[PDB]
Amino acid sequence: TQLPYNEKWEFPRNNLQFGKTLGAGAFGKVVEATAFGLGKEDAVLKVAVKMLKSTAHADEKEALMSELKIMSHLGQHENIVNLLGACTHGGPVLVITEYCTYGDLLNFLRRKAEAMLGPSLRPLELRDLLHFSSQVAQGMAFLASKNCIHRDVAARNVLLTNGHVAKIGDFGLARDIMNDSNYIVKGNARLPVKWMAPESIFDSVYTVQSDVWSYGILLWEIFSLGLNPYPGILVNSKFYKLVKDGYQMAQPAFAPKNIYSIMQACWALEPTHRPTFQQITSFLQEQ
Ligand SMILES: Cc1nc(-c2cnc(NC(C)C)n(C)c2=O)ccc1Oc1ccnc(-c2cnn(C)c2)c1
């Protein structure tokens, strides 16, 4: 980001055949597409393409390029949404990432729960939630090894692909956060407050451990099967005070006592005392 962009990621834009729009923000969107002759193997693949809408401004053009430059210098990991190519010459910027078959984790969890309650006219096992949690932890630990701060870790930014493997991603400009109830007004920007660490809300500081906090909130979403954090509590000055003073969500319905203990560790008031994603990973690989 704010550095030269490598041309190894360039891809012919007329070699994309676009399909349905997957997500749409205020000034950007992710669209599914079939890419032909992508990669060394010249694979023909279904992919996700990220692009700005017709309402194009200078500030929105930089935001997509920044996301691309960070992803380019990042590297490949099985449990993150990998970059496959970009279209930077010949027209509007297109960011080509892998296509995850099952969408985000939040809807998958919320649907499977509804399908599992069908006798109110496959199923999800506890092992499945431990694999989802383990997999995202591996992705975050990989970002933590590159000093790359996600700063919106949430189930809505975790995607499931072939074999229901979890990948951490970021819709960024392609989520309509303007109208999203999980993003609260805070002046110049709209922020996912209920996922944020207190020092990010007040000091506006983002680190690996601030992502560890939000990952702790993610664990609460996974093991509640898509419940909303701090449910029914309106984000206001009392909520800020409670979070800063040490208020924590109760144990979700389906988390073992030691998964809730790992949640509480991610929700420590002091950032250095929170676990690392490597420690979260290694623990969750056991479970
Ligand atoms: C979620 C997502 N994320 C990124 C992305 C990831 N990672 C970073 N950055 C790192 C450094 C964390 N950035 C900046 C990003 O933009 C790009 C596109 C994207 O969208 C997708 C991707 C796959 N599949 C779908 C989908 C939707 N529905 N279905 C059925 C499939 C949507």
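Heads up: numbering here begins at 1 and tracks the sequence. Reckoned from all heavy atoms, side chains included, excluding hydrogens, waters and symmetry mates. When a ligand or atom number is given, it counts from 1 through the structure's own listing order.
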Review point. Which drug name is given for ligand 1 in the PDB records?
Key: vimseltinib
Self-check item: Name in UniProt of chain in most contact with vimseltinib
Solution: Macrophage colony-stimulating factor 1 receptor
- Can you list, by chain and number, the residues with heavy atoms within 4.0 Å of vimseltinib? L22, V30, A48, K50, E67, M71, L74, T97, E98, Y99, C100, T101, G103, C148, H150, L159, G169, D170, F171
TODO: Determine which UniProt-annotated active-site residue of chain A is nearest vimseltinib and quote the heavy-atom distance to 1 Å.
DONE: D152, 8 Å
- Query: Which UniProt domain of chain A gets most of the contacts from vimseltinib?
  - Reply: Protein kinase
Handout entry: ATP-binding residues (UniProt) in chain A with heavy atoms under 4.0 Å from vimseltinib
Key = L22, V30, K50
- prompt: From which organism is chain A, by the entry?
  reply: Homo sapiens
